[PDB]
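This file shows Peroxisome proliferator-activated receptor gamma complexed with troglitazone.
Here is how names work: the chains are called A, B, and so on, in the same order as the sequence lines, proteins then strands, and each is numbered from 1. Atoms within a ligand are numbered from 1 in the order they appear, just like the ligands themselves.
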Amino acid sequence: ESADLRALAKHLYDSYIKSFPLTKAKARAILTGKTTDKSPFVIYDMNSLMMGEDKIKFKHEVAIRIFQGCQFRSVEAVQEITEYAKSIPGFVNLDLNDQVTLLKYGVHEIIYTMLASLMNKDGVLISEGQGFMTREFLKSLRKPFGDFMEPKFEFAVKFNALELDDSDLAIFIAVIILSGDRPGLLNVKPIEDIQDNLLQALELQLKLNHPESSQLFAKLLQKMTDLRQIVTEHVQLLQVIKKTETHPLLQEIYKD
Amino acid sequence: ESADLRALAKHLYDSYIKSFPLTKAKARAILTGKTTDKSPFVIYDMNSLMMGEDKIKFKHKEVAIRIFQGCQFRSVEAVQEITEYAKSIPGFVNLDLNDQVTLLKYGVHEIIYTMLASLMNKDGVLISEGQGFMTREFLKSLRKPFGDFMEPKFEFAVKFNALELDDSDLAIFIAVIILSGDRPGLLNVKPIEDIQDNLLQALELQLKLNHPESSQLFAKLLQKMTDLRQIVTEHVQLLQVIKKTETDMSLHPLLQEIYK
Ligand SMILES: Cc1c(C)c2c(c(C)c1O)CC[C@](C)(COc1ccc(C[C@@H]3SC(=O)NC3=O)cc1)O2
């Protein structure tokens, strides 16, 4: 019944709010919004990063130090997503090796998804939204690194064209984690039974929440392919990056 | 209204029977055994193959290369049919002309491997209008580069075939593929994207009437549009290996053009 999907929907939004500090509705204000409640330090020069890097609350060559920090968050979101996943009804009851797998692979698609929420066409928010690093600056970086985030900007700008909100992404995010075609799973029926349930709940969500936006649920699913390619070809930089910087205890934190 | 979509569902099925002579319904009857009039000749090793040329017509220099140029000739004949089918898609011929070409350049191969599964099972694939059948094992067993071309298509086919789509559904899905905004180099994307909402609308309603028990098949089907791109990519690159280990073997120009 609809009452049950609407239930599971509210459920997942709630976990989404608890598990994820910086929400999209929150970041949208902080971004180009007109609210003067605060003003993120903008990073645009080389002469503004190191001037910001003194006054900010960062926890850590420049083209490399910039990369490493985008890796500090990846290791953070990995935890936020994991905690969110545990609240997805049935996820903890799956076989445990299977949970690790679903998360091993979904993490990289969940990250770029919610990164699109901190992104507009000119840059991206940083450090809980206390920063905005311009896209023009990120292109300007040493050749192994200059096209690091350019694909994610390009993809974000399309994904945001959909005008999803946090209530939409919550159910969307969940569908990714339950992909059920990940390498190496062992009991696949329950993963799919859950995904079907979430995919149902997504469909009713966008229909209730964007009745004018027609066939939006169908457009959203094909953005999941756009993601699987972003991640495919993001690994191809992440391998070639192991052909530049060439820590022991740190490499263990960041390994893969 | 419902009925507008069911009319568009019928129109595309009708173009589909007329544009493709090897439907999934023909393929599935040859493969099963519903007959003794349409049984195929099976090519399980080299020695079969020289006999199959006696008993079937293949207008075909070594074996891995002639089998491969075999796939080329068929590919070219495949593009010609999809180009024909595309022309029947309401609105497609009304687009900007440089865009028709673009949608076709990028869509033609996602579609080939889609309807290739119609002709595949776990054990092999139908060749020559269904007159033959080449074991997956034989295809894995060809010379170092070529014995890998068919395998991911076999892999995609076994998952895809599991959806149990018939021709009435595939006709709509093929047309959802062609009309894609996401194609690089497209001039005016809104009129394309507007068509596809309607094609998608049709596919959603079609997949529900034709497959009620099968929950979320529309969703599930839209997902496998990911696996196609991954097979095109894997091909394009492995196709570049051949053209430089094999600088004597040629490439049909149509294929050559639609391959940037
Ligand atoms: C003689 C013959 C063969 C050998 C045959 C097929 C037919 C119809 C034949 O008549 C079809 C299945 C098939 C396994 C070919 O299936 C493929 C079709 C396309 C492709 C990709 C090619 S490669 C390229 O550069 N562009 C393509 O379409 C690979 C396998 O082998």
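- The parts of the structure that belong to troglitazone are ligand 1.
- The letters of other chains with a heavy atom under 4.0 Å from troglitazone (ligand 1) are B.
- Per UniProt's rosiglitazone-binding annotation of chain B, a non-hydrogen atom lies under 4.0 Å from troglitazone (ligand 1) in B:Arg74, B:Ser75, B:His109, B:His235, B:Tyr259.
- Residue counts put most contacts of chain B with troglitazone (ligand 1) in the UniProt domain NR LBD.
- The site surrounding troglitazone (ligand 1), defined by heavy atoms under 4.0 Å, contains B:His60, B:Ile67, B:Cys71, B:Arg74, B:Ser75, B:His109, B:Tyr113, B:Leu116, B:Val125, B:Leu126, B:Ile127, B:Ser128, B:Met134, B:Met150, B:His235, B:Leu239, B:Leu255, B:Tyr259.
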